[PDB]
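Structure, SCIO-469 included.
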Amino acid sequence: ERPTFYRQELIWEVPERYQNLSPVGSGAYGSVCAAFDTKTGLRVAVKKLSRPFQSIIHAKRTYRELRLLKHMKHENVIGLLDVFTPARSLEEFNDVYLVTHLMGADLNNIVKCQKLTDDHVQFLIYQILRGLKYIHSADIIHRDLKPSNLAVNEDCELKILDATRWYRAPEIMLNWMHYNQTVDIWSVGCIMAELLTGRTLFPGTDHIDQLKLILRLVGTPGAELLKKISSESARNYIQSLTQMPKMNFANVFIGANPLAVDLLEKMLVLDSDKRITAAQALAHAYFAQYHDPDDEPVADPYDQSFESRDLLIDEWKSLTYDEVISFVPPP
Ligand SMILES: C[C@@H]1CN(Cc2ccc(F)cc2)[C@@H](C)CN1C(=O)c1cc2c(C(=O)C(=O)N(C)C)cn(C)c2cc1Cl
Ligand SMILES: CCCCCCCCO[C@@H]1O[C@H](CO)[C@@H](O)[C@H](O)[C@H]1O
C-alpha cells in the first residue's frame, strides 16, 4: 500500500521514511532538502519541482527531468533513488518530488583552487569519462559540463549531474549547432587542466575574451577546419585574424605527467571532429591503473522523441504521472 506522509514548512509533504529535512544550496538547485532515508540508512537530497504543471512548458520540463533521471542508471551519473507524490490519483496530482544520493559537495569544493596530485586527477577524470561514456551512449549531449555539475563525496566518488562560460566548447560559445558529443570532451579537458595546475585554463572576462584565450592556446583554425564552415561571415572573419600556431602543451603544462599532457592534446583540439571520444579516452594509457573495458557500461537506448512533440498540459501531466507510478527503485 501507500506510505504515511507528513507535512512540514521549509509545505513539503514527504513519506515518513525521509527524516531530518534541511534546505541545501539555497536556490542553486531549486528547492532541495538534504534528508536521512531511514529505509536505506542513506543521506539523500529531496527536490520538490517548482510549479511543475503551471504551463505546457513547465509540464514538458517536468516530464523531461523525470524521464532523464529515471533512465540514468550508472555509478558516475546522478539518477533516482525515489520519486513520489502526495497525490493518490491523477486529478489530485500537482506535486512531484525526486530523491537522489546526497553527495555533499561539488568539484570546486575538492580542488580549492589548488593543485591535485596526478594520481588524484587520474581517478577524478576517469570517473567523469566513465559517466560521460554512458551518457553519450544514450545519445545525450550534456552541453554544460563544469565543476559545479560534478558531485563528489568524501571518498571522491563522483557523479555527473544535470565561472559559467569557462568550460564551454568554443562552438557552443559561437552558436554553431550540429553539436558533437565531443563538446563535453572539451569541457573535460578544461577541468582536467585546472585540477593539474590549480588554475582556470581559459578565465575569460566575457564571451569574446574567452574565444581569444582559447585561440592563443590551440591556435587559429587550419584549412581542414575552415573547409567545414558554411557561414561565409564566420569564415571570412576567421581568416582576417593574425595566424597563431598551436602552443606546445608540453611547455604549457610543465611538470605534468606526459601522458596527462598527451591526453590534453587530444581533448583540446579546436575541430570537434578531431577530439578524442570518451570511450577512446578511457582506453588511453593515462588511466591504465583504473581502466577496465568490461566495467565501463553503456546505457539502454533513450527515446527522446517527446522533445519534438507539442502536447497539452493534461497530456504531459498524465504521462508524468504514468512515469511516477511505474518507477522501480534501484536494487
Ligand atoms: C546531487 C545532489 C542532489 N542535488 C539536487 C537533486 C538532484 C536530483 C534529485 F533527484 C534530487 C536532488 C544537487 C543539487 C546537489 N547534490 C549534492 O550532493 C550536493 C550537495 C552540496 C552541498 C551541501 O550538501 C551543503 O549545503 N552542505 C552544508 C554540506 C554544498 N554543495 C556545494 C553541494 C553540491 C552538491 Cl552537488
Ligand atoms: C572562431 C573560433 C573557431 C571555432 C571553431 C569551432 C570548431 C568546432 O568543430 C566543428 O564542430 C561542428 C559541430 O559543432 C562540426 O559540424 C564541424 O565539423 C567541426 O569542425
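Residue numbering for chain A follows the PDB entry; the residues present correspond to positions 4-13, 17-168, 184-352, in that order. So how was this one determined? The header says X-ray crystallography, 2.0 Å. Because only heavy atoms are used, hydrogens play no part in the values below, and waters and symmetry mates are left out as well, while side chains stay in. Atoms within a ligand are numbered from 1 in the order they appear, just like the ligands themselves.
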Provide the full list of ligands or chains belonging to SCIO-469. ligand 1
If you rank chains by how many heavy-atom contacts each makes with SCIO-469 (ligand 1), which has the most, and what name does the PDB entry give it? mitogen-activated protein kinase 14
Identify, for atom 32 (C) of SCIO-469 (ligand 1), the protein heavy atom at the shortest distance, and state residue, atom and that distance. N115 OD1, 3.3 Å
Within-cut-off N or O pair, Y35 and SCIO-469 (ligand 1), under 3.5 Å: yes
Pick one of side chain, backbone, both or neither for how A111 approaches SCIO-469 (ligand 1), counting any non-hydrogen atom pair under 4.0 Å. backbone
Do any UniProt ATP-binding residues in chain A have a heavy atom less than 4.0 Å from SCIO-469 (ligand 1), and if so, which? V30, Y35, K53
For atom 5 (C) of SCIO-469 (ligand 1), what is the nearest protein heavy atom, given as residue, atom name and distance? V38 CG2, 4.1 Å
SCIO-469 (ligand 1) contacts in chain A: dominant UniProt domain: Protein kinase
Within a distance of under 4.0 Å, is there any protein heavy atom near atom 27 (N) of SCIO-469 (ligand 1)? no
Nearest-neighbour protein heavy atom for atom 2 (C) of SCIO-469 (ligand 1), which is reported as residue plus atom name and distance: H107 O, 3.7 Å
In chain A, which UniProt active-site residue has a heavy atom closest to any heavy atom of SCIO-469 (ligand 1), and what is that minimum distance to 1 Å? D168, 7 Å
Indicate the covalent partner of SCIO-469 (ligand 1) (residue plus atom), or none if absent. none
Okay, next thing: residues with a heavy atom within 4.0 Å of SCIO-469 (ligand 1) - which are they? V30, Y35, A51, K53, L75, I84, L86, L104, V105, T106, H107, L108, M109, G110, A111, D112, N115, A157, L167
In a simple table, one pair per line, please give the protein and SCIO-469 (ligand 1) atom names for every N or O pair closer than 3.5 Å, along with the distance.
{"residue": "SCIO-469 (ligand 1)", "atom": "18 (O)", "partner": "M109", "partner atom": "N", "Å": "2.7"}
{"residue": "SCIO-469 (ligand 1)", "atom": "18 (O)", "partner": "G110", "partner atom": "N", "Å": "3.0"}
{"residue": "SCIO-469 (ligand 1)", "atom": "31 (N)", "partner": "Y35", "partner atom": "OH", "Å": "3.3"}

